Amino acid sequence: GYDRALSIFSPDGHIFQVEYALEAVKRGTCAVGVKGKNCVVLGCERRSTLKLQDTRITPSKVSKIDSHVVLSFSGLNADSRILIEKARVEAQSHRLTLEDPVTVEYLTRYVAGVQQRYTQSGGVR
Amino acid sequence: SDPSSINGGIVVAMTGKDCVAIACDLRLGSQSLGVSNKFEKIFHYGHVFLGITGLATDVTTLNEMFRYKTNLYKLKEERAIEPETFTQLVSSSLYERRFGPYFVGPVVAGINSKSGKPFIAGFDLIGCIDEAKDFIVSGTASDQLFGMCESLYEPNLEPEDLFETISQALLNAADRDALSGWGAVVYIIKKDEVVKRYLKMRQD
Amino acid sequence: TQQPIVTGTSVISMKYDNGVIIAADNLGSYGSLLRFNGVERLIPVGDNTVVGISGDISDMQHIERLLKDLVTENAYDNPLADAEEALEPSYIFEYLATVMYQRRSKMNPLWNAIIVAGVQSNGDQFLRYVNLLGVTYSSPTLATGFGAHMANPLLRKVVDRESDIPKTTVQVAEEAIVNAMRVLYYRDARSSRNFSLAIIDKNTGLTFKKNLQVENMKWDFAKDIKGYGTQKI
Amino acid sequence: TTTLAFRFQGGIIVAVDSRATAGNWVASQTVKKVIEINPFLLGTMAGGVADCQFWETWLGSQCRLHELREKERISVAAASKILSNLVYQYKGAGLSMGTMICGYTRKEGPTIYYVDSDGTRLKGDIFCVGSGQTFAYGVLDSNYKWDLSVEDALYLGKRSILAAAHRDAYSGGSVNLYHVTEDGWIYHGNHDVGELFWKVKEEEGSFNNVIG
Amino acid sequence: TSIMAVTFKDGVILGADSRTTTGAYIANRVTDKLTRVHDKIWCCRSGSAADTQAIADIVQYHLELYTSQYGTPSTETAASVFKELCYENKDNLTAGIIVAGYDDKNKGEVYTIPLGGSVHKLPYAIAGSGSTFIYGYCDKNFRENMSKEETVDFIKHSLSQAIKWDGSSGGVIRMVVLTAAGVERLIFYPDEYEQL
Amino acid sequence: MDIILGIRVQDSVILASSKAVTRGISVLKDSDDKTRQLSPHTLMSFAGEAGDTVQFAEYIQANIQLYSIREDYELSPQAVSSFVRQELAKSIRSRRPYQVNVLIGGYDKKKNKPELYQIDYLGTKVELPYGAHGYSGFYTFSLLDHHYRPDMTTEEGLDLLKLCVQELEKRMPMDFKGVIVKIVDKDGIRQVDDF
Amino acid sequence: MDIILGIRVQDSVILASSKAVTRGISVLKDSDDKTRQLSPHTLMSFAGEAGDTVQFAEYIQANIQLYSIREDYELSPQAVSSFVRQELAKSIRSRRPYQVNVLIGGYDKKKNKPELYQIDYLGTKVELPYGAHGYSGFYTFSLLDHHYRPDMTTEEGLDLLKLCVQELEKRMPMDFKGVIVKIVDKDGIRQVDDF
Amino acid sequence: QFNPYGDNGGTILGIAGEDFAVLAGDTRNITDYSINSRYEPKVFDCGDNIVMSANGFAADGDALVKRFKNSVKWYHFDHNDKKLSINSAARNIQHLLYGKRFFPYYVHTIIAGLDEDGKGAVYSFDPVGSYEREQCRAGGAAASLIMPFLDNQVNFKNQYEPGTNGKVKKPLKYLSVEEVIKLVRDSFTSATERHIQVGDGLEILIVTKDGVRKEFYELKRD
Amino acid sequence: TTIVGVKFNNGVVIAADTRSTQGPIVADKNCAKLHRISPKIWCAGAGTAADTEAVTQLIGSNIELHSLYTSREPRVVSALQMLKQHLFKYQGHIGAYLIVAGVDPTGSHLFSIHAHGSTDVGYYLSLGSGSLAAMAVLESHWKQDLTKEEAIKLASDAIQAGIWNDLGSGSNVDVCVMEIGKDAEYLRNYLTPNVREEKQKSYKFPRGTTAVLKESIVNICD
Ligand SMILES: *[C@@](C)(CO)[C@](*)(O)[C@H](CC(C)C)NC(=O)[C@H](Cc1ccccc1)NC(=O)[C@H](CC(C)C)NC(=O)[C@H](CCc1ccccc1)NC(=O)CN1CCOCC1
Ligand SMILES: *[C@@](C)(CO)[C@](*)(O)[C@H](CC(C)C)NC(=O)[C@H](Cc1ccccc1)NC(=O)[C@H](CC(C)C)NC(=O)[C@H](CCc1ccccc1)NC(=O)CN1CCOCC1
Ligand SMILES: *[C@@](C)(CO)[C@](*)(O)[C@H](CC(C)C)NC(=O)[C@H](Cc1ccccc1)NC(=O)[C@H](CC(C)C)NC(=O)[C@H](CCc1ccccc1)NC(=O)CN1CCOCC1
Ligand SMILES: [Cl-]
Ligand SMILES: [Mg+2]
Ligand SMILES: [Mg+2]
């Protein structure tokens, strides 16, 4: 198996691969979240250099993780699908064992834990 | 389906100074289910006492059989049967069913009216006589009774003291056995008086 | 899960004032067939330990190879291999006891009963038993198979407890062993006349006696025995 | 064993005996068959002692890890399901367990779950578990009402174990009582059947089958 | 057991070891397996000790009652009575018996009766668990019309080997000579026969 | 066959017996009377192996009726119970034993007392204030230990019996289709039609 | 576990499932719901080995719910039934197979038709107008062969179902403590509270 | 077919006092009807004032003691030479036993020592790891003989105050070390009389705050 | 059980231990295993206890009737023949293992009988679970031309070997000497090397310790 440590420290105490991953987020389309007194709203930008698009079938920017939680993102589109899939599976697993849907904090903690694991595992970016 | 441990129960006997004692519990059950708490296991034919443990139907049958036989004995002999002689009769009757036996553990106790000597005996299911100076045990808690008797017993105990020893032997043995208990009876037997006492014990 | 094929019968042993004695016959039985007659079942380890083995012979030969290899491995990087860091009887036993219990726990035992006899570096007598189940015990006298039933009673008349060990000489001890072997020839149907004996003394060391025979036997009274009950001829 | 627990107006009553057996040998009369998982959760034990004792104490460790991770006490449902999912993994291997997980939480209220070694998990108001469960049911069912007082409910639980202790050969020793409220579980003492039987017989006038 | 019977010029000789076992324990090391059913008609017993003894006792009773009415019975007649008991009770018996006897008309004769209860007249016969190891030896060394000394040596050497290889055989070698002269008992001890 | 119960009160003996007869996965009948009158003041209920039960009950009935005619006299409940026990005690060591368990309820006219006897297929006899055969006892005995008193009336005994049937209908796995109830007292034997 | 029934009528599918849970000689519960909603218009009832039943039902439930979230779309009853069959077909050659029999009732919104599937623990699937698992079928199939028509209403289907339960309560040996009834149609899944 | 279990006989006994605790056991070792050794100890000092005995199949017994002794050694290495309390030892032993739940150690285990308040403590285990603290326990071949005697003499079971109409029980009290040793000796002589696998010798280990003392007594050798 | 028989100059001697077992439990500590068939013919019995007593009493009864019928003292071979044919008929189901010995007009005799009905002759014999321990002693110390006192010593020594080494055997040694021309002497408890030591404590209870519910006088008279 491919083992190489890709995410490592530099002399100044930075992990460049993690910081360069932030640059990919900066390149991505804008996404905003605002919460009111009795609601939350998620807004997302879509770039207009792409005409002749089919909006029926094109992957939407906001994804349902469960019937009560949603997830939007900024950055590499392909990478986001992997996180969304893992989150959706964990959501159903939680309902199965705890007999209660996930809290938003719990779901976030899981997704964040996956992202962290990919910063100190060999052979992955 | 082990005939000797379906119903449960115990019997113990002891000797003292010019006296004998025989005791038993009152339980009759069907495996885990307790059914009756009035099922006495000690019987007597004249001055000779017989205790029987094991399969309850055979306990009843053998009592009825030995009443039958001792009644005829007395009519022909014109005297009461003695413990030594009755012991031989029990042995003969059990061995007669060698290859289809009564599933029982009998115990004889009494005082010979001629000599005055205290006498006890035990048997296995096919009739082997087990004579003893000190004590005889029988039933589903025989291991427990053997341990209690071997430590508590001393020779030449007075009737009042002997009562305490045999009662404590039975009670503490019964409480370590699931199929024994639910009450107890003790018989103190002197040359020409016999006292019967019911013991207070835990009812579980 | 095994069944034993070629088998060896009793191994007997005891302690005396200055050391230990051990013996076993030279037979390799194939069921009722007395197949092999030149089989040595006492195996020395150094000049201070003898291991006597009964049961399956193929498993015995495997244990021989393990002991042989243990000597080799102990000599590696060990300047004191023939002195302070030599193999003790207690080391050899504990190794075998470990193996026997591990094999039974894997449901694939070495089908044997083993007695390790020897003298320690401080002069103390060593005698301990181990079998296919991994069961271990020690006693002034030890025996396997039929020996346990017939030899032990005879050997316990000489040494009945610990305090009888200083009062027992090597002459008296050997006499009792040799007698016990004769009794086994009379009464064990898988024994032979030929046997080996080994003495380990704290002063005179290891003495290994081969090709011994059972002698001074009583058979003459057989001529007087006729029939099985009422026959007079 | 005989164990029970029932739900009522004033919370949950839990009652157990204290006998342990190996065949007909009475091995102990003083065994603890209730396990205190936390101030709001209880577990009852029937079947194999080692199995029950080992895995229910394991269950407590898993419940403690939940509240450390989630900053909140575990639900009775989630606690019972950890145990039922564990024993399901071992299904066929020969584990022997009849357990009841009892407790109170805000979202659930007073709750009882039956969990056993062949994987059965059931929510319910009344359960009796063990070799003497039928004897306990007989008394409990015939005297149960939802509107029982705390005092009367405690007694009925005690009296039901006593009934089983008397008739079942593999039940006895003493009765251990527990009451579970919105504030947590409360212990209501150890009661020896040696003294309790006669006390109940005299005061109540019951047990006329026995020689007084 | 190892047992055999051999005919020769002057009559017939029976031979046997003296070992009785329970598993691997020797219950008797000086057993007599050669047993009299009539003056000059004997038998070698193998198999179950209880069965063979009970059979031999019944035969001896039959031949004693035969003699009282019809005089001395033939060796064939004796074998027939053994057969009748062994065959009709084959389901309940474990007995391998050799029958041997001396007539003046018929001289020496040997009948063997295996487990099934069949009868076989032979010049010589071997049986028992130890016999398996000496089929080769006995076939190569047996001659007809041997002398007394030659026949004693043949049986001694044969049983020696049977004993050497069979764990269920051992002890002393008992023999019984049957001739016109009478009945002679011989015994041979381990120190002699082992080093042959 | 399955459920048979018995309760002895002050002045009477009450027997309750299930009405169902089931073979395989089919309830063949729901009105079966599992009892026989042995004499005017003695009643026997029964349960066990198919065929054996009725064959045994009627055999006992015939023998007791024969005795009554011969002596012009009614045997006591104690005497009848002893006869039945001995017949079962003989049976257990036969080539093919009777697999039948019975309850005998009777009123002794000489003693003016009700009597209830429980006898199993081995010939194990006991006199009891209340009794049951089979799995029924695992519920009813503990219940009766609590609610039973020795000085109860017949009406009180019927209410006590309703409490047993209700519990069995709640906790028993099989549908036994209710019970037929009969009372034995000084005036003989009668059936309760509405239960 | 024991009794599960299913009937497909003109515009709906009706599932009836027994409420009893019995272990040994004790009915531990009389209000057990032997079903799980897999999706808004699909319902699965189940019966079989203790533990296996609920474990299997919830495992299927989780997988179908996962699919719904991923695709934002409801799988057809036919598609769900095929997924369930394959899982049971895998199971039967495992080290320890799931011993669970199921009925799947659903309303296909694209076809505007009700559908009922019967699947056993081996993975044997069939689409049927009416179905049953276990010993229930030995009574209900012949009954439905007589009284069932394809154009019946939901109310007619409920009366037809009452006729089945009545027969089972008359002839079945065990007390199954009644049934919970649920209807699946164009408007989803609902429970009948008074049956 | 190979049978991995055997029975080595013998019996063991543990009693606890106010400031002490004893663990006794006979020295006889047997297989079937033969004696293997008249003196083969099976009660061991395991360190930290904890004594232990695992009676039944000797090979499993030795293995368990060996593993617990080693568990004490590593407890010191990993937790700065901290003393392993009797309650902690008991829990650790449950895990040792239950680890082989599906191929069990065939033994009855008893440990003895002082608790953290200095008071006497006795714990007892079944073959698969259940445990319970008690004042009193007998284990092994003669357990059924000795245990009921202990209920009567240590815990005063079935004994009432004379003249009180069986209403007042005999009050519980701690026994002196002298009185306890008397009960142990009598228990084993009685067991020797009526059980064939018990005899030869008796070895008692006493545990106080001062340490672990030994006493030996002869038993009948038949 | 351990039982033996030894021949000497002018007769024969037999011996036996006195332990009776019930599994691993000692039922009787001093039971008699030496049986009288006739005055000068005696029997040592091992195996099933009820069978050995019943078979010895039946043959003993028939031997007495035979003796009276023939006006002759009974012979050992007659007892032997009657025992073997009875045991054979029952195909081993009557579990009696006997050593038969005695003196009669023909001389002194020593035989053994097994349960299936086979018999053996010998100068020295041993039966029972401790027969191997006893036979080891007999094979070691037996010689031709033993005196009376030498034979008693050898026989009791062989029984002792069984007592100490066999778990099936124990307690005391019983002996019976049968010499030609003299009465047979039955030496009950010839050796008693297993006396129970003094107990450490008296377990005499204070009067009133046991709780009582009812008292009543029992009528034994007519
Ligand atoms: C009521 C009292 C009856 O079931 C309860 O159900 C209690 C449950 C409470 C205490 C948690 N159950 C028992 O007491 C339980 C019944 C039982 C027995 C065996 C298997 C399953 C259930 N008893 C036990 O678990 C006893 C506990 C005491 C201390 C002896 N343990 C044993 O019987 C052990 C271990 C059993 C075992 C399980 C799995 C694999 C192997 C073994 N067995 C022994 O100690 C062996 N035996 C004791 C008798 O002496 C010879 C050796
Ligand atoms: C050689 C040994 C083999 O051919 C000879 O044939 C001799 C014949 C001589 C003695 C006439 N055979 C034996 O010694 C014979 C071997 C034998 C064993 C079992 C069945 C058939 C043959 N041994 C015996 O007959 C002994 C004699 C006793 C010890 C004095 N008897 C037993 O071993 C009995 C036999 C019971 C029996 C079984 C089947 C058919 C008939 C009888 N068996 C036991 O006592 C069982 N024993 C219990 C303890 O465990 C070991 C076995
Ligand atoms: C030594 C001890 C063993 O080599 C001796 O051989 C002695 C012989 C003397 C006493 C004559 N043998 C015994 O002590 C003998 C051992 C034994 C056990 C079982 C079968 C054969 C031999 N003990 C007995 O025979 C006892 C005698 C009692 C203690 C007075 N009897 C039992 O143990 C009976 C055996 C009954 C039996 C029936 C059918 C076939 C064979 C044997 N068993 C019981 O009593 C056990 N159980 C008690 C509960 O009720 C049911 C029976
Ligand atoms: Cl023979
Ligand atoms: Mg109870
Ligand atoms: Mg002994």
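Per chain, numbering begins at 1; letters A, B, ... match sequence-line order. The structure has been trimmed to a portion of the entry, and contacts are counted only among what remains. Each ligand, and each atom within it, is numbered from 1 in the order the structure gives. Below, each value reflects all heavy atoms present in this structure, side chains not excepted, and no hydrogens, waters or symmetry copies.
- What binds ligand 3 most in this entry is, by the naming of the PDB entry, Proteasome subunit beta type-2.
- The drug assigned to ligand 3 in the PDB is carfilzomib (bound form).
- Other chains within a heavy-atom distance below 4.0 Å of carfilzomib (bound form, ligand 3) are, by letter, B, I.
- Rounded to 1 Å, the minimal heavy-atom contact between carfilzomib (bound form, ligand 3) and the UniProt active-site residues of chain I is with I:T1, 1 Å.
- Every atom of carfilzomib (bound form, ligand 3) is numbered from 1 in the order shown, and the set under 4.0 Å from a heavy atom of I:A27 is 29 (C).
- The part of B:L125 lying near carfilzomib (bound form, ligand 3) is the side chain, judged by heavy-atom distances below 4.0 Å.
- Within the 4.0 Å heavy-atom criterion, neither part of I:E53 lies near carfilzomib (bound form, ligand 3).
- With respect to atom 26 (C) of carfilzomib (bound form, ligand 3), the closest heavy atom belonging to the protein is I:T21 O, 3.6 Å.
- Both the backbone and the side chain of I:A49 come within 4.0 Å of carfilzomib (bound form, ligand 3), counting heavy atoms alone.
- Proximity of B:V104 to carfilzomib (bound form, ligand 3), defined as any heavy-atom pair under 4.0 Å, is not found for any part of the residue.
- In this structure the covalent anchor for carfilzomib (bound form, ligand 3) is I:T1 OG1.
- Of the protein's non-hydrogen atoms, the one nearest atom 10 (C) of carfilzomib (bound form, ligand 3) is I:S20 OG, 3.5 Å.
- Within the 4.0 Å heavy-atom cutoff, I:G168 counts among the residues contacting carfilzomib (bound form, ligand 3).
- Scanning the protein heavy atoms around atom 31 (N) of carfilzomib (bound form, ligand 3), the nearest turns out to be B:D124 OD2, 3.2 Å.
- Nearest protein heavy-atom contact of atom 7 (C) of carfilzomib (bound form, ligand 3) is I:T1 OG1, 2.3 Å.
- Among protein heavy atoms, atom 17 (C) of carfilzomib (bound form, ligand 3) sits closest to I:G47 O, 4.3 Å.
- Nearest protein heavy-atom neighbour of atom 39 (C) of carfilzomib (bound form, ligand 3): B:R98 NH1, 3.8 Å.
- Proximity of I:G95 to carfilzomib (bound form, ligand 3) is not established, as no heavy-atom distance is less than 4.0 Å.
- The deposited model's entry lists chain B under the name Proteasome subunit beta type-3.
- Checking atom 34 (C) of carfilzomib (bound form, ligand 3) against the protein gives a heavy-atom contact under 4.0 Å.
- Of the protein's heavy atoms, none falls inside 4.0 Å of atom 43 (N) of carfilzomib (bound form, ligand 3).
- With a 4.0 Å heavy-atom cut-off, carfilzomib (bound form, ligand 3) is reached by no atom of I:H93.
- The residue-level binding site of carfilzomib (bound form, ligand 3) (heavy-atom cut-off 4.0 Å) is B:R98, B:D124, B:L125, B:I126, B:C128, I:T1, I:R19, I:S20, I:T21, I:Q22, I:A27, I:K33, I:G45, I:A46, I:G47, I:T48, I:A49, I:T52, I:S129, I:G168.
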Starting from the N and O atoms of carfilzomib (bound form, ligand 3), collect every protein N/O partner closer than 3.5 Å and put each pair on its own line with the distance to 0.1 Å.
from	atom 1	to	atom 2	distance (Å)
carfilzomib (bound form, ligand 3)	4 (O)	I:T1	N	2.5
carfilzomib (bound form, ligand 3)	4 (O)	I:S129	OG	3.0
carfilzomib (bound form, ligand 3)	6 (O)	I:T1	N	3.4
carfilzomib (bound form, ligand 3)	6 (O)	I:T1	OG1	2.3
carfilzomib (bound form, ligand 3)	6 (O)	I:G47	N	3.1
carfilzomib (bound form, ligand 3)	12 (N)	I:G47	O	3.0
carfilzomib (bound form, ligand 3)	14 (O)	I:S20	OG	3.4
carfilzomib (bound form, ligand 3)	14 (O)	I:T21	N	3.0
carfilzomib (bound form, ligand 3)	23 (N)	I:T21	O	3.0
carfilzomib (bound form, ligand 3)	25 (O)	I:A49	N	3.1
carfilzomib (bound form, ligand 3)	31 (N)	B:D124	OD2	3.2

